[PDB]
Colleague: 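This is the structure I have questions about; it appears just below.
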Amino acid sequence: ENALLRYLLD
Amino acid sequence: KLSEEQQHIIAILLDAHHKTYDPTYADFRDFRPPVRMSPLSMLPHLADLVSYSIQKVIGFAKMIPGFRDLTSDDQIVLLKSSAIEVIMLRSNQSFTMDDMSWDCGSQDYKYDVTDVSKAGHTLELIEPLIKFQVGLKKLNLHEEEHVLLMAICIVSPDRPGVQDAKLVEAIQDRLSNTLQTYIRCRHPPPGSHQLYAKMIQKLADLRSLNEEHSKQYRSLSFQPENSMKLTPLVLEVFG
Ligand SMILES: C=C1/C(=C\C=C2/CCC[C@]3(C)[C@@H]([C@H](C)CCCC(C)(C)O)CC[C@@H]23)C[C@@H](O)C[C@@H]1O
């Protein structure tokens, strides 16, 4: 679901 | 004594924070201009600051030893729950005892109780917040203590929806045990007395503060007109 968090965490 | 691994950990967190936190506050110009004339005039400015701050918190988190071991889901959950608490914690550095406000080196970026109210937040959150800031300020912690607290907050086993409690617990223990050991070796009386227990207590106050913000956030967020002023990140993180 969460996209923006996943990208930033790498 | 402070073991070498413990000294290493402290070095890493300090550096992490120095990169993640800007004393100059230069980046603040980029946010939508603050408005103090008008309901929730402050919110667009304040919402951008929060969004910015969320990014900075995410970066700090990644640098924390063992945070990278956790499943992606477990990383996500820890950030989602703690992001408000950490922002309140890091915000202490801008907070001034004399005026009881957050001072960003300029009159325009100075933040007072009425400003936060102009965000759409009631005194019940606000008044406990200010009290927390004072109580934290009074501790006058070393910078090493300050970073360590934020990292121990970020990595919590209890947080709802955690996939692997045991592993998150293991990572937290190392940092906690690092903080305890540091105060006793590196912190002199009478400031050292009760400082770990007092610091732990502040995490409990943050949990209460998180619950209040969340309720207030949902009533704010529920209205489409206010929701439009939030950043995409803020909506995703704060839900
Ligand atoms: C963030 C930081 C700063 C201030 C934090 C503040 C000051 C104003 C009031 C704030 C923004 C509180 C608000 C109740 C937050 C409400 C957020 C929302 C409107 C979305 O529900 C929490 C933290 C407080 C500036 C700087 O210290 C960096 C730090 O990182």
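Chains are named by letter, beginning with A, in the same order as the sequence lines. All chain A residue numbers match the PDB entry; in order, they span 741-750. In order, the residues displayed for chain B correspond to 123-159, 218-419 in the PDB entry numbering, which applies throughout. One-based numbering, in listed order, for ligands and for the atoms of each. Per the header of the entry, the method used was X-ray crystallography, 2.6 Å. Below, all heavy atoms of this structure are taken into account, side chains as well, without hydrogens, waters or symmetry copies.
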Colleague: Looking at ligand 1, what drug do you see?
Modeller: calcitriol
Colleague: Out of curiosity, which chain makes more contacts with calcitriol than the others? Name from UniProt, please.
Modeller: Vitamin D3 receptor
Colleague: Just wondering, which other chains does a 4.0 Å heavy-atom cut-off pick up around calcitriol?
Modeller: B
Colleague: Hey, which atoms in calcitriol end up nearer than 4.0 Å to a heavy atom of B:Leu229?
Modeller: 1 (C), 2 (C), 3 (C), 25 (C)
Colleague: So which protein heavy atom does atom 11 (C) of calcitriol come closest to, and at what separation?
Modeller: B:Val230 CG2, 4.4 Å
Colleague: Pull out every atom of calcitriol sitting under 4.0 Å from any heavy atom of B:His393, numbered as shown with elements.
Modeller: 16 (C), 17 (C), 18 (C), 21 (O)
Colleague: For atom 14 (C) of calcitriol, what is the closest protein heavy atom, and at what distance to 0.1 Å?
Modeller: B:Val296 CG1, 3.9 Å
Colleague: Is atom 26 (C) of calcitriol less than 4.0 angstrom from at least one protein heavy atom?
Modeller: yes
Colleague: Among all protein heavy atoms in this structure, tell me which lies nearest to atom 4 (C) of calcitriol, with the distance rounded to 0.1 Å.
Modeller: B:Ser271 CB, 3.8 Å
Colleague: I'm curious, in chain B, which UniProt domain holds most of what contacts calcitriol?
Modeller: NR LBD
Colleague: Are any of the N or O atoms of B:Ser233 closer than 3.5 Å to those of calcitriol?
Modeller: yes
Colleague: Test your reading of the structure: does B:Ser274 have an N or O sitting under 3.5 Å from an N or O of calcitriol?
Modeller: yes
Colleague: For calcitriol, is there an N or O atom under 3.5 Å from any N or O atom of B:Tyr143?
Modeller: yes
